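Section: structure with estradiol.
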Amino acid sequence: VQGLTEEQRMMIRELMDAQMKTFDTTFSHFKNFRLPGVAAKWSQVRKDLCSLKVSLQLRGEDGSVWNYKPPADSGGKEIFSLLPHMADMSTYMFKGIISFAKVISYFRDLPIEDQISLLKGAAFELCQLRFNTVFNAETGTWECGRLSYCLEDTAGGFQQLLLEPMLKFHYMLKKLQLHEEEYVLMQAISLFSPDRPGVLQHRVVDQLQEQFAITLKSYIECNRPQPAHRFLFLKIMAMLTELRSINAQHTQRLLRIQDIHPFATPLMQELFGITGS
Ligand SMILES: C[C@]12CC[C@@H]3c4ccc(O)cc4CC[C@H]3[C@@H]1CC[C@@H]2O
Ligand SMILES: ClC1=C(Cl)[C@]2(Cl)[C@@H]3[C@@H](Cl)[C@@H]4O[C@@H]4[C@@H]3[C@@]1(Cl)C2(Cl)Cl
């Protein structure tokens, strides 16, 4: 129930309300998305693209199932086949994240230039945090309603996958068995990083972030006494630091792939600083 102040409990209520209003957990309104059709840069792009191999499944409302197994790298443009779809899913998630931020009072009250700077800085991280809540660790599958993204069983097993930092993050974060309140506090802490590029109100954003972190620390103290949740707050704060690193890494991968194979949606260009010229 509580153990927090009035301000902390209202802070959680507003974040949970924003999450409820802007997170389409069944992905019902993700429609009209593209599907894979029926010189030293490339070597790096090829290494970037095969770091995440997923099969894709569509369950029809009628009960039909479409299933897609991707191709192995044969030395050409077939490794780009899932990029338009993933760009459309990313764009759909980004829209939910932007709406999430905009209905938060602490975010509305910041200058619009800081809003844009914080969203540009954190949108990828909040997308990852939401994707973890639909991640099934036992089946290696992100269950997005009628869409499923299954990690391709590969030599090395579920331990070679954990070498990919994005996949280790999702498995490790899932192992913590966080509450909805803790996930949405992680989103706030990430969205309120005072040191994003181009932030002006460093002091205000830092004070807001510290309050979201203290609320999280206090929430864990009051509602998780079990020995398994010892240092849970510090584990969460270390995963947020890792997520920031994965954010920087995946931003470089994106810019390299985009350099030789353009695929970013207009909203992705806006968030990752691509002007169109
Ligand atoms: C995850 C990868 C880097 C990050 C890329 C990205 C990065 C941001 C984004 O909004 C969408 C996508 C889809 C393609 C992703 C890539 C597919 C393989 C590569 O590892
Ligand atoms: Cl890395 C990755 C891919 Cl690719 C998927 Cl399909 C999705 C794309 Cl649309 C966007 O990068 C985020 C997630 C995440 Cl984590 C999953 Cl696996 Cl859900």
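In chain A, numbers come from the PDB entry; the residues present are 140-177, 196-434, in order. Any value given below was found using the heavy atoms of this structure, including those in side chains, with hydrogens, waters and symmetry copies removed. Numbering of ligands and ligand atoms starts at 1, following listing order.
One finds estradiol in this model at ligand 1.
Per UniProt, the macromolecule in most contact with estradiol (ligand 1) is Nuclear receptor subfamily 1 group I member 2.
Using a 4.0 Å heavy-atom cut-off, the UniProt hyperforin-binding residues of chain A near estradiol (ligand 1) come down to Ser247, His407.
Only backbone heavy atoms of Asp205 (N, CA, C or O) come within less than 4.0 Å of estradiol (ligand 1); its side chain stays farther off. Of all atoms in estradiol (ligand 1), listed by their number and element, those nearer than 4.0 Å to a heavy atom of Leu240 are 14 (C). The heavy atom nearest to atom 16 (C) of estradiol (ligand 1), out of those in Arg413, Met243, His407, is found in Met243.
In chain A, most residues contacting estradiol (ligand 1) belong to UniProt domain NR LBD. Close approach of estradiol (ligand 1) to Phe251 is summarised as follows: ligand atoms under 4.0 Å from at least one heavy atom of the residue are 10 (O). With a non-hydrogen cut-off of 4.0 Å, the residues around estradiol (ligand 1) amount to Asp205, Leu206, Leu240, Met243, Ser247, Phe251, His407, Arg410, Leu411, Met425.
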